[PDB]
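Entry below: contains silodosin.
Counting from 1, the numbers follow the sequence of the chain as shown. Heavy atoms only: backbone and side chains are in, while hydrogens, waters and symmetry mates are out. Ligands are counted one by one from 1 in listed order, and the atoms in each one are counted from 1 as well.
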Amino acid sequence: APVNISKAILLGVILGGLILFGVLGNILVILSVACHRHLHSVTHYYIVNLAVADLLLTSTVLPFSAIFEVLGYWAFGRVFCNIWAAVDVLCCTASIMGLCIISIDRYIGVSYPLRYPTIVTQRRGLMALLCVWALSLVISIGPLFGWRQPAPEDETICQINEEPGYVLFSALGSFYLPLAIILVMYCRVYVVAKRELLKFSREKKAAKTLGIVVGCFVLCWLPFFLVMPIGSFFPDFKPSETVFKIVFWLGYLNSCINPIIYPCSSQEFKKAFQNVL
Ligand SMILES: C[C@H](Cc1cc2c(c(C(N)=O)c1)N(CCCO)CC2)NCCOc1ccccc1OCC(F)(F)F
């Protein structure tokens with residue numbers, strides 16, 4: 001079923017423009033931190049980590065996914081699809097884990113604004129960063145490696161694991177369990193901010209910025225992680241393919257958007273972006 005080139009050209013151009021916007025935003029978010037030595041810290045390094053996760057999503061996953069969508073079939077080989085799926089599942093996991101370890105950074109930095117640089121330093125936060133990378137890698141490849149469904153005969157048919165056994169714990173350990181550690185850390189941050197100086201004000205401003213980021217991420221991803229398990233349990237209530245398309249693309253455009261939040265929310269990042277431009 002060769003889709004008309006003219007009809008799908010609009011979709012292809014839209015997806016390409018979104019991917020380029022996300023990529024440029026992600027390089028900008030990293031370049032602002034790197035060039036400016038007035039804007040480096042454990043939380044800023046974690047923001048750069050999230051930017052790198054978005055870069056991995058938008059430089060190795062999006063282009064291929066958009067090509068697959070517009071074409072409608074997987075031109076490349078089986079091994080290439082297997083690596084692409086693993087890269088996707090691990091980059092999303094890396095982004096969410098970065099979020100959940102930014103949720104602890106901004107809980108420590110709000111509960112103890114003055115003693116904060118003592119609990120976490122450039123040597124202690126990096127251990128957590130590497131640990132979360134390792135955890136994301138093992139919880140991403142593991143489900144794929146451990147619970148792969150049999151390889152399809154056709155090279156142009158390569159879709160996600162329909163088996164509930166995988167999807168259940170993959171989603172749970174990739175989104176829901178990391179999401180609990182975010183919703184509890186930010187609940188504590190909010191209650192602390194309400195009940196509760198210059199350092200405290202800066203910490204609360206950074207907490208609010210990262211809270212906007214976390215909210216956007218969670219709201220955008222929740223449709224997919226709520227529909228796919230529901231479809232797994234409830235095959236009778238699986239939505240239309242359009243629903244799947246829109247939810248996946250929302251889960252991607254969230255990473256595409258992520259860069260915009262920093263300039264619009266935090267004035268410091270706004271100056272950094274202006275200087276870099
Ligand atoms: C799931 C998705 C991959 C994907 C799948 C399919 C596409 C596309 C596309 N738009 O190119 C992308 N289709 C295109 C239409 C064909 O004609 C048909 C099917 N990656 C997002 C992120 O996934 C997880 C990231 C982290 C944890 C769980 C995830 O869930 C995977 C699941 F198996 F659990 F659902």
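In this complex, the main macromolecule engaging silodosin, as named in the PDB entry, is Alpha-1A adrenergic receptor. Counting heavy atoms under 4.0 Å, the binding site of silodosin comprises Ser65, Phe68, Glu69, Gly72, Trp84, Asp88, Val89, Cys92, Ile160, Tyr166, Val167, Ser170, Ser174, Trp221, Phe224, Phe225, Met228, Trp249, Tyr252. Near silodosin, meaning a heavy atom under 4.0 Å away, lie these transmembrane segments of chain A in UniProt's N-to-C numbering: 2, 3, 5, 6, 7.
In the entry as deposited, no covalent bond from silodosin to a chain appears.
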